[PDB]
Undergrad: 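One structure is given below, represented as structure tokens, and several questions about it will come after.
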Amino acid sequence: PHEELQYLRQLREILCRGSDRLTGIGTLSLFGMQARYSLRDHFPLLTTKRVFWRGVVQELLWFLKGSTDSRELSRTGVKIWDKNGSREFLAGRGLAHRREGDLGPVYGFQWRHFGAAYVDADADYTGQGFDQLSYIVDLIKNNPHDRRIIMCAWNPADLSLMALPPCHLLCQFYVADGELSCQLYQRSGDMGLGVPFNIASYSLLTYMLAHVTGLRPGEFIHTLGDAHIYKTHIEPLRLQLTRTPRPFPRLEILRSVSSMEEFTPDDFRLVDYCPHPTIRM
Amino acid sequence: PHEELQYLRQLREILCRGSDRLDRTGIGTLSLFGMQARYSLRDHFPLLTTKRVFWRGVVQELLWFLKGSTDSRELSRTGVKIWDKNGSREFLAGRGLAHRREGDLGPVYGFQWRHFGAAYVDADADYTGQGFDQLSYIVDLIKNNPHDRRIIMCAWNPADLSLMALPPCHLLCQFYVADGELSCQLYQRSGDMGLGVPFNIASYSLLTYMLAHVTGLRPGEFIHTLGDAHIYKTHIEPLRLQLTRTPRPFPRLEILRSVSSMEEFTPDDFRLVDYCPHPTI
Ligand SMILES: Cc1nc(=O)c2cc(CN(C)c3ccc(C(=O)N[C@@H](CCC(=O)O)C(=O)O)s3)ccc2[nH]1
Ligand SMILES: Cc1nc(=O)c2cc(CN(C)c3ccc(C(=O)N[C@@H](CCC(=O)O)C(=O)O)s3)ccc2[nH]1
Ligand SMILES: O=c1ccn([C@H]2C[C@H](O)[C@@H](COP(=O)(O)O)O2)c(=O)[nH]1
Ligand SMILES: O=c1ccn([C@H]2C[C@H](O)[C@@H](COP(=O)(O)O)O2)c(=O)[nH]1
């Protein structure tokens, strides 16, 4: 039974039993969902519609950098954070005095410098705040059965400095039988666009962490809070609800990388990815 | 089907195929990673019946949390001693926390809920207007923007971990409103299925009843998401016994008078009817 059917059943449920609720734009939604994806023999990149894999990779490395600069992601060809880094959008957020591309203390800053005072995207933060990436990497290496291997992006005190508050709040990691697993808690999930993307991101993070630590990829567990469908997306989502999953691709890591920071997009080969055609939403 | 059978199934799964691990202090647990159970709050209250749950503790401890107290001496005064061991002068010394008055647990749940991001100095100090008051934040959201997808309270603060007596188990809870009902999901990084988890279920269910009462809504669903779900090997025998017990119907919870603020609840506003658990083990 294909694991992608979990995602497809969740879609089907939200569309059929979801709550119909409206500030700006309207959605169908359910609350509390969990799905499991094996990482042992394949990589759970959804096949019912093509997922922007190039975006997935560039954005994770950009996160892992600690960068909060939407321009630096943009330079690589990935424009998904650009609407949010415009001086116009920032102004609308009451953050007008930002330079272009300064998103505030978003994921990268929270992952590498939690609790630090944010100044701007160009400030040097070395040795400031709590480095969560170094923290979990050390625990996975030297104390793998620890129950506190967590990386959290939710920092309520920093919300008003943020262009957009984080959706995927925290990940926890788990080690058993030489396998590295990961649970992601996502407060909010757009099933039409974000959620396939998000599944891929944290699955990737786990492959990367597994590699760097000498472990094999295990399970990725996806726990949603608000799982929702935007109503404008209903006829394209019914389209994808008709399609049968193709087998998952595999993910190869093309070289020895000793540090989470030394990865490059060319270290990853996506083998045998054959999605159905892209659906625009 | 009776909801407690979710918990008991989880017990059995862990006992049957759980992973046999040791910590770096040598103690053995069986554990599994990634679990979710749903408990209805509408017609009843999910206080577990196959073993008696310390309900007096549940109530006093939560009221204690909601006040922002990080003083174990205060909870202990009520006759509830569950945090006394962690508050002892010797425990804190064992943690490497000198200059600590007895009962000073550090920036734990209460401090995080009320003053997230604030500079902790001590349990007696006064933090008014320091940090981010998450409790007011969520009560406000549930009242004035119930469909917000960021109705979050979080206790995981990486920067404060070395200052805490114990690191938080309940990382965060999220709330959700639909069709006149308040719902809640909790992310728990670590659950002792033997002692902690029944208690923990009662705690956040109770919190949801209180929030529902204060905001003019009916208790909806409580979703319980776990990370490391485990059983200490020493308790396997009493748990075998527990698993033979047939669950009895859940009690109910009546809130006596009208309470207008989350801070004005007293242990007396709560009527538990009728809790008839199998004998304690
Ligand atoms: C309403 C909303 N839903 C989302 O899913 C969402 C996601 C992000 C960030 N994110 C995690 C994204 C992942 C993928 C994206 C995207 O734009 N994909 C395009 C592909 C672009 C292209 O043509 O190359 C798409 O397929 O529409 S955006 C930001 C705001 C959002 N807003
Ligand atoms: C290893 C471990 N497991 C736990 O479950 C745990 C729980 C807490 C805090 N906690 C969340 C607790 C919930 C319930 C508790 C308890 O001891 N209840 C007693 C009541 C004692 C009495 O009635 O006098 C009991 O149920 O027997 S303690 C602290 C450390 C822990 N440590
Ligand atoms: O990584 C992401 C980022 C955003 N979103 C979606 C979820 C919501 O539909 C919207 C964010 O809006 P709020 O939930 O923050 O209001 O974008 C995702 O699914 N994944
Ligand atoms: O509210 C609580 C507090 C603690 N624990 C348990 C979980 C673990 O067995 C232990 C905490 O140890 P660590 O997870 O921190 O190692 O206590 C709970 O189940 N619930």
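Chain letters follow the order of the sequence lines: the first is A, the second B, and so on. Residue numbering for chain A follows the PDB entry, covering 51-72, 75-333 in order. Since chain B takes its numbers from the PDB entry, the residues it shows come out as 51-331. Just so you know, ligand 1 is whichever comes first in the structure, and atom 1 is the first atom listed for that ligand. Quick note: numbers below take in every heavy atom, side chains included, and nothing from hydrogens, waters or symmetry partners.
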Undergrad: What's the drug at ligand 1?
TA: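 The name is raltitrexed.
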Undergrad: Which chain accounts for the largest share of heavy-atom contacts with raltitrexed (ligand 1), under its name in the PDB entry?
TA: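 Largest number of contacts: ORF70.
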Undergrad: Which other chains have a heavy atom under 4.0 Å from raltitrexed (ligand 1)?
TA: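 By heavy atom, the other chains are A.
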Undergrad: Which raltitrexed (ligand 1) atoms, with their elements, are less than 4.0 angstrom from a heavy-atom of A:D242?
TA: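 Every atom of raltitrexed (ligand 1) under 4.0 Å from some heavy atom of A:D242: 1 (C), 2 (C), 3 (N), 4 (C), 5 (O).
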Undergrad: What is the organism of chain A, as given by the entry?
TA: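 The PDB gives the source of chain A as Human herpesvirus 8.
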Undergrad: Mind checking which residue and atom the model joins raltitrexed (ligand 1) to with a covalent bond? None is a fine answer too.
TA: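 Covalent attachment: none.
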Undergrad: Which of the atoms of raltitrexed (ligand 1) are close to A:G246, meaning less than 4.0 Å from one of its heavy atoms?
TA: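 Atoms satisfying the 4.0 Å criterion: 4 (C), 5 (O).
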Undergrad: Can you tell me if A:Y282 contacts raltitrexed (ligand 1) (heavy atom of the residue under 4.0 Å from the ligand)?
TA: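 True for this residue.
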Undergrad: Which is closest to atom 7 (C) of raltitrexed (ligand 1) by heavy-atom distance: A:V247, A:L245, A:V108?
TA: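 Answer by nearest heavy atom: A:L245.
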Undergrad: Give, by chain and number, every residue with a heavy atom within 4.0 Å of raltitrexed (ligand 1).
TA: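 Residues with a heavy atom in range: A:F104, A:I132, A:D242, A:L245, A:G246, A:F249, A:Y282.
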